[PDB]
Amino acid sequence: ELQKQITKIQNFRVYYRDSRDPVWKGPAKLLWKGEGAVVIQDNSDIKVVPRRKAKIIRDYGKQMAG
Amino acid sequence: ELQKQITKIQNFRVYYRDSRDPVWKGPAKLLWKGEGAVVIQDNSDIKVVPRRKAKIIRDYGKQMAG
Amino acid sequence: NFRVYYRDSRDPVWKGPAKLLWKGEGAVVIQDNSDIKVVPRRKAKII
Amino acid sequence: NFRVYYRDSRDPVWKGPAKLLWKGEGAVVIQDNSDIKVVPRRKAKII
Amino acid sequence: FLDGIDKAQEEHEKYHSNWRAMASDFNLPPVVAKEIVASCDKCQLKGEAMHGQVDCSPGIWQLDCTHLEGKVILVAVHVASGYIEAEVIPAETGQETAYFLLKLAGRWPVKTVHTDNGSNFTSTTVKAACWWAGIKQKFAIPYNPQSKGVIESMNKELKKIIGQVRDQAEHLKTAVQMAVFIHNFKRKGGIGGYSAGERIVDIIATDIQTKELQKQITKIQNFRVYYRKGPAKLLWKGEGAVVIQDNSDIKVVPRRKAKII
Amino acid sequence: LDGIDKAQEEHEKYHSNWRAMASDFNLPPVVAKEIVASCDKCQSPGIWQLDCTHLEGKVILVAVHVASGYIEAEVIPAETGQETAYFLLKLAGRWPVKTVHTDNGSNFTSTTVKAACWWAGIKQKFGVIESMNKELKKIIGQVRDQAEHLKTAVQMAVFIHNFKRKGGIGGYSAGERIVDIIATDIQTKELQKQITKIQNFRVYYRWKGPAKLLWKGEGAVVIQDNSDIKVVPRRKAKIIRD
Amino acid sequence: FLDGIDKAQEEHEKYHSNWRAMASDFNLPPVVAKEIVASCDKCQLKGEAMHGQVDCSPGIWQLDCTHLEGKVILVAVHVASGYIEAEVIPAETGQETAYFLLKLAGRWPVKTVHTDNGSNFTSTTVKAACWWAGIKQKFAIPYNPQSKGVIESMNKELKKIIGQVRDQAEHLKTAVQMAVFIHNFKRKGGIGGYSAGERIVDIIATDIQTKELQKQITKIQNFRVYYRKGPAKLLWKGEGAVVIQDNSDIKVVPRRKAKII
Amino acid sequence: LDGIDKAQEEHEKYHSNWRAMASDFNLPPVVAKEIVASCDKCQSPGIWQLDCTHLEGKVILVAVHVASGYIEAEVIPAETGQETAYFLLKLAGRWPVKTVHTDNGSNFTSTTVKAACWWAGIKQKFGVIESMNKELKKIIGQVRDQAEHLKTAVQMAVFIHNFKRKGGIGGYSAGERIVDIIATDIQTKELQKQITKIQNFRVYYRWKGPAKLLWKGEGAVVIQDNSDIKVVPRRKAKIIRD
DNA sequence: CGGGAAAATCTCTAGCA
DNA sequence: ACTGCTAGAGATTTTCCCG
DNA sequence: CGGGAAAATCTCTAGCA
DNA sequence: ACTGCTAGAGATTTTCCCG
Ligand SMILES: C[C@@H]1CCO[C@H]2Cn3cc(C(=O)NCc4ccc(F)cc4F)c(=O)c(O)c3C(=O)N12
Ligand SMILES: C[C@@H]1CCO[C@H]2Cn3cc(C(=O)NCc4ccc(F)cc4F)c(=O)c(O)c3C(=O)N12
Ligand SMILES: [Mg+2]
Ligand SMILES: [Mg+2]
Ligand SMILES: [Zn+2]
Ligand SMILES: [Zn+2]
């Protein structure tokens, strides 16, 4: 039930930037999605990112590749 | 005699750049000066620099300041 | 308060001081002689 | 040998392939249809 | 330093010396010289050295007009994926822009457009079209192309591809559509090693899927969390940390000093 | 990994497809694909349809994605091959168009359209289109009063049909349906690419006979031998290219 | 991949796909796709991403002309220190440039000038003046201001200071000389925290002193060094390493495997 | 550090200047300066001279650095205050001009020249110049045949005098001499700045009475007490600002 | 556990006009 | 109250692959 | 040996047109 | 065979200073 859905959320990957940093950070794992913020987990570190600064995708190549 | 002169050479400081590096490296100590090359000692490391890539100065502030 | 000096619009001469109204990431809203302007933070100095 | 493609002088269109004559730090001397040109390495690709 | 400061302000009225020169020549501390400079309006001539970041939300499109071979090309880019939409139009007129934007809204979920302040983009016809389609118009700071650097860089890319394939077509409209096709489906790279078409499909499908799944999770997972406060809403828990939303302020706290009810 | 036998039993019982086993039993899509392809008893995103409709003395070129009902339509100045080719080249530049069904009209059999399809890599082939045309005409008549020119009302109708009208099983619009279908096609293409990339290897384990490779994991290697899937540690097997 | 390569070259003639797209769509290895791209002349449209470094020798000056308030300003910068020399001149004429350069040669040890290819700088009068003064002319690659970016940045600095102090003068020549003074003696920073005047005096005095001391050392210290070779000349020894000059090739070798005679 | 007594003995014997002790005994310039200033029995780069010379009906404005013989000259259109002020402002922008000696001429006492000197921070004061003018005229006559216009021959003569003619003790040209003199002045100014910066401190050592600070070294502190210089470790003394 | 090769990542530029 | 970016070319670092 | 403050260093941009 | 740079504004890291 709920655990399945949470796993499907965590299956998505987020690319994001910081306020003063112009290079896009690697594919962090999605934990929560909101109207203006997303909660991720990048290298055992949980951050809250503005929705305007994050690109959320399920990279199909990787999915199909285990 | 010779040692005095060598000490006076080593009293000068050289600013230099590398072929692919655009930031000027710190004041290395001058060891030898030639028509097209200078031999320096930057952080216990001896390099040979083209004369066109090096700025040699005796920083008077520092001299007068021990 | 703050003083803002800015380059506004295709005019190389810097203008100011102006009053800072809002400071965002990348842009500031200012007030200069009862005129409200939005300037990128590249083109502004805030004191 | 090498192939050189270059942007020469105020002309946005890239030209080549040319023969590489000399490769320095920052510039290359090339030969293109019996014409010797000196191009900055920013404006050239050497294959 | 009372004498020194006066001799430094008097010199600055003449030379506008930088802080280092007056600090050296009047024995001033760096803070005092910097204060002297900062109080001179004639020396406030440089902005701070950074750049902003454009909005990258899945619904924003950046639109612009570019010129090639004497013709006008209207170009739109979906910011989040790099997917472009271009079309040759007879003139930079609000009617042409309105028709183009109505097309784009009819083809993709366009929530917001970000353009410069050209006449065609600020026309009342375009404002009426965006209102009918429910599109929010954001206008850039005037004469700041960096505000829509995405569509500017896309203009550069489109013109390069048009130069590459101009021979294969007879008219500019055909070559523009060919370049659009090439950019959308024949050039890979970016976050997912995708083409722009693949990336836009991934982005939009992900948004739909994540919205639905999050809606279901929030409907099922309903708890209140007390930490340190009020009944904060529970967003995510696990791995020794809890993510909560208190008074529309999302914060992350460790599992300790928190209880879920 | 450990759920391969469970997946085999599930397929033998319910004939589930590889998507289901991959989502449920936590298997890589290649292994589930091989499981679903190992049983003989268990054995669209690119097709568009083009038609021309006349309304108030103007010609409207309509393209319908067959698998979803999503439409792309516009008013063209004349029923000519050049305009058809321009429309088709635009459509191929916006969507992955593989093949277009047409009605053997004059503008579709033109040499310009054939050349455009050749450049775009589209295959030309000569009931849904009629119903979609009627629906488009109904929406155009509904929203004509909101637009002075017919092309603007046509685009407004396209927008309404693609994103406002909803229907079907889950109540999604045509835009969401086409996005889902294209995403599924992209996943299918990625899986096919991975299968093609890995099918050129042969694996020797424990040495036993050559075995087809399925998944080169971080902690194990999944192989197939004698129509059976076996998991072996990486250090106990060698992989070569043939 | 024989079939795949053919289907990738045939596609590339149509779309000019980047290497990633063809590698993905034809199962090609990255090297094969990169080779396919590299053999297409239509896709060779970008130079390598670096910058050169200008000559910074103590004797080189970079000269340029700039324009302010309808007048022409001839500017020279000593590259190694940032010290400038500017003067308003009636027109960009080889006579004015020749007079200016003769002045500069008469005031400072000018060994080489590096300018762009403007008409005044390539004039026969300027070539005759440089020959009389023993100045080597280096001309930039045409239409590459980066070759003399030092004097270009100095033009920017000079114009900024002129804008700062324009009110204090009535004519542009007076304000230009005032800005020259301000830049040379009233703005500190750089390698030694110096002004440009102090830095140029330090640079030239250092060159004279180092030349004399090195001459004396080479006259006194005369030895031949054998390493690994021929009788290499001894340049510097100590700290476990020896610096030698063999066949006009300066190399550094450790004290081991070397003997001084 | 250890050579302070040696430096004191050397000064008492030979009355050497602080430059000598600093170069020889390896002492910071402040300590050697205090040593040389501690004995009562042991007790130019900015001065230019301006004159106007007439040659072939044209006026030449000549500036001579007094300490070195280095010249700056140019032909001016007229003997007016504006041209003199322009010349002086240029010279001050090229060299550290502190004071200029003049001959109470009409162009030197003008208000424009006074204003220019005020802006430039130059002091105006009203035999070397005559000899230098004669030498310049001789070189101009020598090289006149190599230049069509008199201003070009004037600049050629300036170049020859500054960098080609050599003379004196060590056989240096005027350019090398002025460079050496200005470098020595820069060293003097840096030393004066450091002395001014450090003279506002007072040091208590081992606690004894206040002592004037001389050098704040990395491993020791050099102080002066009762007209005597003593070296104390940093950890054994405290430095305060007064 | 050790080098090589391949791949991935990082650094950096022109043009957008 | 809004905001530089992109893609390609070289250089450097990680990772994989067989020992 | 420990924080704070000050200083030094590093990062980054516009204009040179 | 020749070649981006500079100086100022903010942010971050080192160093010095008294405990
Ligand atoms: C008449 C409207 C209204 C107001 O402004 C003008 C002029 N303008 C100028 C550029 C431009 O200068 N691009 C070069 C560039 C420079 C820096 C950067 F980061 C990105 C860049 F693309 C445009 O693109 C553009 O659309 C306009 C335009 O439309 N207008
Ligand atoms: C008629 C001569 C002969 C041939 O070329 C032209 C045109 N030109 C153009 C610039 C210029 O574009 N500066 C802007 C800039 C851009 C980039 C950069 F790195 C540095 C920069 F200063 C000059 O400075 C300049 O002297 C000339 C010139 O003299 N001429
Ligand atoms: Mg634009
Ligand atoms: Mg220039
Ligand atoms: Zn000022
Ligand atoms: Zn190509």
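Order of the sequence lines sets the chain letters (A, B, ...), proteins ahead of strands, with each chain counted from 1. One-based numbering, in listed order, for ligands and for the atoms of each. For the numbers below, each heavy atom of this structure counts, side chains included, while hydrogens, waters and symmetry mates do not.
- Sitting at ligand 1 is the drug dolutegravir.
- Structurally, the greatest contact with dolutegravir (ligand 1) is made by what UniProt calls Gag-Pol polyprotein.
- Every other chain with a heavy atom under 4.0 Å from dolutegravir (ligand 1) is named here: E, I, J.
- Contact annotation for atom 18 (C) of dolutegravir (ligand 1): protein present (non-hydrogen atoms, distance under 4.0 Å).
- At least one N or O atom of E:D64, backbone or side chain, sits closer than 3.5 Å to an N or O atom of dolutegravir (ligand 1).
- Nearest to atom 9 (C) of dolutegravir (ligand 1) among the protein's heavy atoms is E:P145 CG, 4.6 Å.
- Nearest to atom 24 (O) of dolutegravir (ligand 1) among the protein's heavy atoms is E:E152 OE2, 2.7 Å.
- Scanning out to just under 4.0 Å from dolutegravir (ligand 1) turns up other ligands and ions: ligand 3 (magnesium ion).
- Protein heavy atom nearest atom 4 (C) of dolutegravir (ligand 1), with residue, atom name and distance: E:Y143 CE2, 3.5 Å.
- Nearest to atom 2 (C) of dolutegravir (ligand 1) among the protein's heavy atoms is E:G118 CA, 4.1 Å.
- Per the entry, the name for DNA chain I comes out as DNA (25-MER).
- The dominant UniProt domain at the interface of chain E with dolutegravir (ligand 1) is Integrase catalytic.
- Among all protein heavy atoms, the one lying closest to atom 29 (O) of dolutegravir (ligand 1) is E:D116 OD2, 3.1 Å.
- The presence of a protein heavy atom under 4.0 Å from atom 14 (C) of dolutegravir (ligand 1) is ruled out.
- Applying a cut-off of 4.0 Å to heavy atoms, one finds the binding site of dolutegravir (ligand 1) to be E:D64, E:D116, E:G118, E:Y143, E:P145, E:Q146, E:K148, E:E152, I:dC16, I:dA17, J:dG4.
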